[PDB]
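Taking it in order: structure first as structure tokens, then the write-up.
A, B, ... follow the sequence lines: proteins, then strands. Residue 1 opens every chain. Both ligands and their constituent atoms are indexed starting at 1 by order of listing. Basis for what follows: all heavy atoms, side chains included, without hydrogens, waters or symmetry-related copies. So how was this one determined? The header says X-ray crystallography, 2.2 Å.
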Amino acid sequence: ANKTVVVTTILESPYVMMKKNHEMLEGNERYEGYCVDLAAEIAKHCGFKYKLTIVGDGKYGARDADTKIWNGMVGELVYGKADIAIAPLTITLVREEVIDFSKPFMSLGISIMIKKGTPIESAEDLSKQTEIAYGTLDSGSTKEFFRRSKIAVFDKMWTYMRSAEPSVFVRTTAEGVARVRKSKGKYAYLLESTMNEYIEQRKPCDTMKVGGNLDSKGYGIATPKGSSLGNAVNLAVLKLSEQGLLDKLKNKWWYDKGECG
Amino acid sequence: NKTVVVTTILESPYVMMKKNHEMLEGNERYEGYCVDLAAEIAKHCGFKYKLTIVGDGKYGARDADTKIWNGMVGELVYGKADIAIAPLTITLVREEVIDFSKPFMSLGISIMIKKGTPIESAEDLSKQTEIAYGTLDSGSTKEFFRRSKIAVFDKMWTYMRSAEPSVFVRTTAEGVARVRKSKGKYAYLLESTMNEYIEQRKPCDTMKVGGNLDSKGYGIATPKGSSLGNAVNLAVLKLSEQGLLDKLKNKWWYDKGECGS
Ligand SMILES: NS(=O)(=O)c1cc2c(cc1Cl)N[C@H]([C@H]1C[C@H]3C=C[C@@H]1C3)NS2(=O)=O
Ligand SMILES: NS(=O)(=O)c1cc2c(cc1Cl)N[C@H]([C@H]1C[C@H]3C=C[C@@H]1C3)NS2(=O)=O
Ligand SMILES: N[C@@H](CCC(=O)O)C(=O)O
Ligand SMILES: N[C@@H](CCC(=O)O)C(=O)O
Ligand SMILES: [Zn+2]
Ligand SMILES: [Zn+2]
Ligand SMILES: [Zn+2]
Ligand SMILES: [Zn+2]
Ligand SMILES: [Zn+2]
């Protein structure tokens, strides 16, 4: 028995990042971040050894409408490439039907990121104007939220977003962030609040979150349907939440060493 | 097949008796957030149910000597109810004996004061005595404090467990009434969700002060390994994603509110 648990995750600040001198280190030591600290804690409390591995396609997880094949981390779990996922992977209905999620370890909601000074303070504002273009991340839960909403106003935004050109979608969060920064207030980015708040406390401190969140959910630790890790992992998340560890890690990576004062 | 027995608790604004309940029968006697949620869950899972108010009026705790569970948790554990649809907090000790769906509402332990009371946080309370403070018996908030190592809370616990007259109450309505009648000499520790509701109701003399002490949520509970478990979880995710949960929240907290705004 006793096998090293394969952990799929994704390079997304400040969840998982490459260490300054990663080239001179090996294994799990090459990485640092919120999810790296949580992984160690989860493995420690569940009593298993693990190996962190970055998803090959660098995606979170979506199902191709044609081929019906899941990509990103969800795919890793569904097709047997990984035993567990420890990343900012949002708990959703479609995913929940093919994989298991522990109770959420972090909260978030879809929010709006703008370049400071951009005349926009809500989603209503974005769906009403047109000088300012907006989009989301590809293959993520935010894009799905809009494509599946039945709430008139969000459908209105979807109607615009997926027919807009040039494309308003981006491959990575960093890509969307740069687009906001280089577009002089003519591009707003729809992303999860946790990430929005993180970038907000980072140089050059030129972005900010405006308005309230569009929804409420959280990230969960995922495992293959019917896996035997699920039970213990869930109990580990509950213990860590009640002992204050999750709150501690949140401040450590978001606010403790923020650089916008 | 058989009608589902639903244990819940009389707690505003989750479950309350309609002003004309005397002339009503069955589930129609009640109204509230959880009343509406149960109707939704039942419809999406395809079952008929009977709302039953928990016998002892408690949420659920374990007697340290007999190891017997009381409240809604006991109802589930001893086979008296098939499901619990109420503002029941997801906790480690409970998860060991019953199952919880994904959270359907967020909350954190908070502080309620009579408007004008000189308290801005948990520290202000911990380091003084002219103002007494307590929690609800047989609940998760009380457990939080008796298991808190975090310096300030452990200190708050030592005071609470010994103060005379008793600082604890057996219903939220009791704790709230005591706050309103003590002239700022008593502060109450309760979940933010309930604190916020009371704050919007006349006589509009109470206040939510400081930030939350922790972060968690309520979940629909079922007996371990119960059949309903899976369907109920999928329903909560669906209700959450289609905006149904957000809709009920505004309906029962802000929509109809008495303190203006
Ligand atoms: N804002 S709230 O308190 O009304 C609230 C809180 C929450 C909601 C939905 C609403 Cl509306 N959904 C999430 C649920 C959706 C999926 C992600 C976490 C669970 C499963 N739980 S939550 O984070 O506890
Ligand atoms: N504040 S946070 O975003 O760092 C955060 C968010 C959450 C935490 C803990 C922290 Cl610290 N715990 C809860 C967990 C505790 C139990 C109640 C809901 C789950 C199970 N999930 S959560 O509501 O998503
Ligand atoms: N956390 C999201 C990805 C980011 C986003 O969609 O904005 C997911 O799990 O799909
Ligand atoms: N929601 C709590 C009861 C209220 C409280 O503890 O403040 C529970 O499930 O025990
Ligand atoms: Zn490098
Ligand atoms: Zn630990
Ligand atoms: Zn406006
Ligand atoms: Zn419905
Ligand atoms: Zn102590």
Handout entry: ligand 2: drug name
Key = cyclothiazide
Practice task
Give, per UniProt, the macromolecule that holds cyclothiazide (ligand 2) with the most contacts.
Solution key: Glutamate receptor 2
Exercise for the section: Give, by letter, every other chain that has a heavy atom closer than 4.0 Å to cyclothiazide (ligand 2). Expected result: A, B
Practice task
Consider every N or O of A:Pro104 and every N or O of cyclothiazide (ligand 2), then say whether any pair is closer than 3.5 Å.
Solution key: yes
Exercise for the section: Identify which UniProt-listed L-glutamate-binding residues in chain A lie under 4.0 Å from cyclothiazide (ligand 2) by heavy-atom distance. Expected result: none
Handout entry: Backbone or side-chain N or O of A:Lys103 under 3.5 Å from cyclothiazide (ligand 2) N or O
Key = no
Handout entry: Distance-only N or O hit between cyclothiazide (ligand 2) and A:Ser107, under 3.5 Å
Key = yes
Problem - Atoms in cyclothiazide (ligand 2) flagged as close to A:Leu238, the criterion being non-hydrogen separation under 4.0 Å - result: 16 (C), 20 (C)
Problem - N or O contact, B:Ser215 vs cyclothiazide (ligand 2), cut-off under 3.5 Å - result: yes
Problem - atom 15 (C) of cyclothiazide (ligand 2) [closest protein heavy-atom partner, distance rounded to 0.1 Å] - result: A:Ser241 OG, 3.3 Å
Problem - Numbered atoms and elements of cyclothiazide (ligand 2) in range of B:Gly217, under 4.0 angstrom, heavy atoms - result: 17 (C), 18 (C)
Exercise for the section: List the residues forming the binding site of cyclothiazide (ligand 2), heavy atoms under 4.0 Å. Expected result: A:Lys103, A:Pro104, A:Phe105, A:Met106, A:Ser107, A:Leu238, A:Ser241, A:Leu246, A:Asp247, A:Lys250, B:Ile90, B:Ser215, B:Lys216, B:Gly217
For a distance cut-off of 3.5 Å, show me each N or O of cyclothiazide (ligand 2) paired with any protein N or O, plus the separation.
unit_1	atom_1	unit_2	atom_2	d
cyclothiazide (ligand 2)	3 (O)	A:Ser107	N	3.1
cyclothiazide (ligand 2)	12 (N)	A:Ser241	OG	2.9
cyclothiazide (ligand 2)	12 (N)	B:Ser215	O	3.0
cyclothiazide (ligand 2)	21 (N)	A:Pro104	O	2.8
cyclothiazide (ligand 2)	23 (O)	A:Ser107	OG	3.4
cyclothiazide (ligand 2)	24 (O)	A:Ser107	OG	2.9

